Amino acid sequence: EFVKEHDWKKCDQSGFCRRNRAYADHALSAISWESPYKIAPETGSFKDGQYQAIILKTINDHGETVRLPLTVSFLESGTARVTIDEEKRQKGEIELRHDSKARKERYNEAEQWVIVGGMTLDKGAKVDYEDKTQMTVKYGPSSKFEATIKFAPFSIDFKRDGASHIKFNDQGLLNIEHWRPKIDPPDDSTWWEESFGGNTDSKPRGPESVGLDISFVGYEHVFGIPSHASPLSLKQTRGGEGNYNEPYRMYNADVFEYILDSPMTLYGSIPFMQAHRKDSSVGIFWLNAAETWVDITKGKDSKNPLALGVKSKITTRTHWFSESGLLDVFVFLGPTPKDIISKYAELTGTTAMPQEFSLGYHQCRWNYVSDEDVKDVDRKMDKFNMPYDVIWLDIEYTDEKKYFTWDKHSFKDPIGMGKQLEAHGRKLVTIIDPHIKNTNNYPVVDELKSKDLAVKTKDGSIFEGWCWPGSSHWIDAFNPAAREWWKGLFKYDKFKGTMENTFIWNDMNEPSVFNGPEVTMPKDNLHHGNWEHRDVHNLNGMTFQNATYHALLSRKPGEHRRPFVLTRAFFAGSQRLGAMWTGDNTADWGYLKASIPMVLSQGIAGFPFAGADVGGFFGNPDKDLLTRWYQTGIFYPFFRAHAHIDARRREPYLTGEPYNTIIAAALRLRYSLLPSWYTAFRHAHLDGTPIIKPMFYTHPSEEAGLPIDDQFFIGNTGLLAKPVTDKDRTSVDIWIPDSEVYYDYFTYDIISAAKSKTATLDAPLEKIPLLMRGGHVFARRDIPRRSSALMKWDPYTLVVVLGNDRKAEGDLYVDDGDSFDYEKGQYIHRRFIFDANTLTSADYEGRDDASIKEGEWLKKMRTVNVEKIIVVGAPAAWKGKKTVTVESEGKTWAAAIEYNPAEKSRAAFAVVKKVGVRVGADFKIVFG
Ligand SMILES: OC[C@H]1NC[C@H](O)[C@@H](O)[C@@H]1O
């Protein structure tokens, strides 16, 4: 690898970060500090759910002002939006330095990239009160939400249920760096050119950062702003025991050997933060694509947060600042975590419906070295009864790092390789990165250049820099023409050697530039639209994944199907485009433990299709670590093993016994649960529901769960997992969230009942700690197969998990896994309800059976049954009854049931075999 010893800006080395931190330091120590920003009330108007006014910023002691247009929107969802722009820049009345052609306006296209819905203004929103000092707007459901806008100094307080929850500018940290010329006196050391990492940023606009304090009143825990190697409940950043000293950073970057427990940026950024306490949740989304830092402190509400004489109630103070663009913030008032995330997903998108196969196990390393290597691994997995769906090719498959080629010495017959995988319904994934080799006899680069599709430098020249191919240029995927060109390259008849089972991995899309500052592009590079790279950096990865997503919709005439694209770099909205992973982690126990809070943070930030490299990327995991890593990785929504080029081969059949058997058992569990995993992805698609769910989300009334980040619920199943992530551990302490009954998934032992507590569970190497909560039904497929495709027509088992209510609910969603026919109703979605000794299956959306004409997939599913029902926590009244009564599609019959009484701590349970009811039809089964 090119960079041996990396240089990352600390906050003091980022000019605008230094300035905003210093602004805070001044404001928070000034006596009677007043923010020098005022609404000019006579400029204000409220109409049809929107307030518009001019904020005047006082810029010097002579009282000179600049005009900053304010827009506050009250949306039908109950979300509010606050936007501040700069009028002189809107009017183009500034002069860029260096004869730069960069845009004069503040970047205002983040919305175009990110926002897909939820923007309808609430015409029911109304001014409840105003005078010459303030105005209050009521909005939200039944007018329950209020925003009080104070004019002088400017502030906004967002209220519900008789209190303030979120305050803007309470601490007076609002900072919009207005345009100024470079003039000498008649601290500006960071205003103009800045050098770092072997590069000087020409900085043609000068200072232009935007920042604000956002206070979460009475909240002690905040969450989100992935991606960081950090706890789910974010740390403070201004010092203290256990805390950081630097703000959280979002500046998508290629961070070689990234460390644990750090606010340093990683590869992707979602500037979305929630605050949660018992029975109250709120949140903000900072819609800004530039380099962004977030400071976090917690204490009392007093100016000295450690003062005596004041109420103890904690407020979390957050200080957001971005290098350029608009101040543009959405405010969510909940009141539950589910509400907040659903509203966020309405704005930025829900999870795309995945390729079904992509929930399977993915086998990868850097590299499989030939087509024969690939075919041998495929055979070996089958010899060792280790199911898997996809094999991956990293960068060594290419001809000298030219994308859209194959190394013909080593990959002689890629179609034959593709066809072998197809015999088990398996897939191939091939890497394609955004750097295009600058060399002769390569039509891809010729077209990139002649069509003007490459990112440019500060002066309009084509950008050149180094990555895997050596000297390279970069696709500018902000350009719609570049995205349309890119589509053409993926057609099966153009990208030779690919076929219908070939999908794509996008990497190095931060962009990673080996000889660039912080391994990325200069900030004064120019993109399509004449935006500076500084304006759009955090969107770059997403634009590239977008290009590839749309290339995979159709690669031959008549084809229309779901993409699968893995990305490294990402932004808000990337959930619409495919999966991510957490990049170059390390083969050590601390990274295994860290993976779970990271993957959880992804899902609560609205991008749940996430995972970490199983085994760790860098290094050689011990056999026990690798084994535990499989047991955790089967709970990542995106489940792939991967290894760095210097790591030994560690395909799972190489581990040896007893590890092989334990790893195979983990794989078999993932596969058996695939019906429930796919259903969980369906809910993520319907309304942004996370796929794996932290305690704050499932149990908003249970304060003790707030920071817990090492256990989680799966989908809609009530399954509670706590993988072992510590070396040589042979037990685990699980926090039981509530008073329901919890059962061991494998033995049906009663682990807890009647009261929230910590329960200690045996957990040797061969144990996956997995509990079933009472009140839930979930589906699985018990028959083991070699791949998910080979399970498509197999019968289902339903597990009905009862607590003392003897009542439960769950669901199952199935479709063809590939097309967009789901949009026209071609799917099965069952709601299963157990109540009063009866299990029923109904269509989840209450559709009439002959409101939909059955396509080919639905017709084939007529042969697919629910065949087995297990009831855990079976009532004693059922003892000695040998049948249940089954009714379906007009027919009634008896099915045999076996009742097993409680024994020691093992629950009573009953099993119905050979139920024989088609999964697509209503049924009613009466027990007892
Ligand atoms: O392609 C080489 C290398 N690039 C960086 C990626 O994070 C890693 O997964 C990959 O193996």
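Just so you know, residue 1 is the first one in the sequence shown, and it goes up from there. Just so you know, these numbers use all the heavy atoms, side chains as well, and skip hydrogens, waters and symmetry mates. As the structure lists them, so they are numbered: ligands from 1, and atoms in each ligand from 1.
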Chemist: Hey, what drug is sitting at ligand 1?
Modeler: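 You're looking at 1-deoxynojirimycin.
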Chemist: Looking at this structure, what macromolecule is in contact with 1-deoxynojirimycin (ligand 1) the most, according to the PDB entry?
Modeler: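 The largest contact count goes to Alpha glucosidase-like protein.
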Chemist: Of all the atoms in 1-deoxynojirimycin (ligand 1), which lie at a distance below 4.0 Å from a heavy atom belonging to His642?
Modeler: 8 (C), 9 (O), 10 (C), 11 (O)
Chemist: Do any nitrogen or oxygen atoms of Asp613 lie less than 3.5 angstrom from nitrogen or oxygen atoms of 1-deoxynojirimycin (ligand 1)?
Modeler: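 No; the residue has no nitrogen or oxygen that sits under 3.5 Å from a nitrogen or oxygen of the ligand.
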Chemist: Can you sort out which atoms of 1-deoxynojirimycin (ligand 1) are near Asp394, meaning under 4.0 Å from one of its heavy atoms?
Modeler: 1 (O), 2 (C), 10 (C), 11 (O)
Chemist: Measure the distance from atom 8 (C) of 1-deoxynojirimycin (ligand 1) to every protein heavy atom, then report the residue, atom name and distance (to 0.1 Å) of the closest one.
Modeler: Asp584 OD1, 3.5 Å
Chemist: At the 4.0 Å heavy-atom cut-off, does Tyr267 count as touching 1-deoxynojirimycin (ligand 1)?
Modeler: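 The answer is no: 1-deoxynojirimycin (ligand 1) sits nowhere under 4.0 Å from a heavy atom of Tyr267.
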Chemist: Taking heavy atoms and a distance under 4.0 Å, where does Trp581 meet 1-deoxynojirimycin (ligand 1): side chain, backbone, both or neither?
Modeler: side chain
Chemist: Can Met508 be said to touch 1-deoxynojirimycin (ligand 1), with heavy atoms closer than 4.0 Å?
Modeler: yes
Chemist: I need the atoms of 1-deoxynojirimycin (ligand 1) closer than 4.0 Å to a non-hydrogen atom of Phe617, numbered in the order shown.
Modeler: 8 (C), 9 (O), 11 (O)
Chemist: Among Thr582, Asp254, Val255, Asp507, which one has a heavy atom closest to atom 4 (N) of 1-deoxynojirimycin (ligand 1)?
Modeler: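 It is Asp507 whose heavy atom sits nearest to atom 4 (N) of 1-deoxynojirimycin (ligand 1).
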Chemist: Could you tell me whether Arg568 and 1-deoxynojirimycin (ligand 1) have an N or O pair separated by under 3.5 Å?
Modeler: yes
Chemist: Does the residue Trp505 have a heavy-atom contact with 1-deoxynojirimycin (ligand 1), meaning some pair of atoms that are separated by less than 4.0 Å?
Modeler: yes
Chemist: What makes up the binding site of 1-deoxynojirimycin (ligand 1) if contacts are defined by heavy atoms under 4.0 Å?
Modeler: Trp366, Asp394, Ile395, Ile431, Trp505, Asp507, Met508, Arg568, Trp581, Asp584, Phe617, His642
Chemist: One pair per line, please: each N/O atom of 1-deoxynojirimycin (ligand 1) matched with every protein N/O atom under 3.5 Å away, atom names first, then the distance to 0.1 Å.
Modeler:
from, atom 1, to, atom 2, distance (Å)
1-deoxynojirimycin (ligand 1), 1 (O), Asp394, OD1, 2.6
1-deoxynojirimycin (ligand 1), 4 (N), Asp507, OD2, 2.8
1-deoxynojirimycin (ligand 1), 7 (O), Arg568, NH1, 3.0
1-deoxynojirimycin (ligand 1), 7 (O), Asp584, OD1, 2.6
1-deoxynojirimycin (ligand 1), 9 (O), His642, NE2, 2.9
1-deoxynojirimycin (ligand 1), 11 (O), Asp394, OD2, 2.6
1-deoxynojirimycin (ligand 1), 11 (O), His642, NE2, 3.0

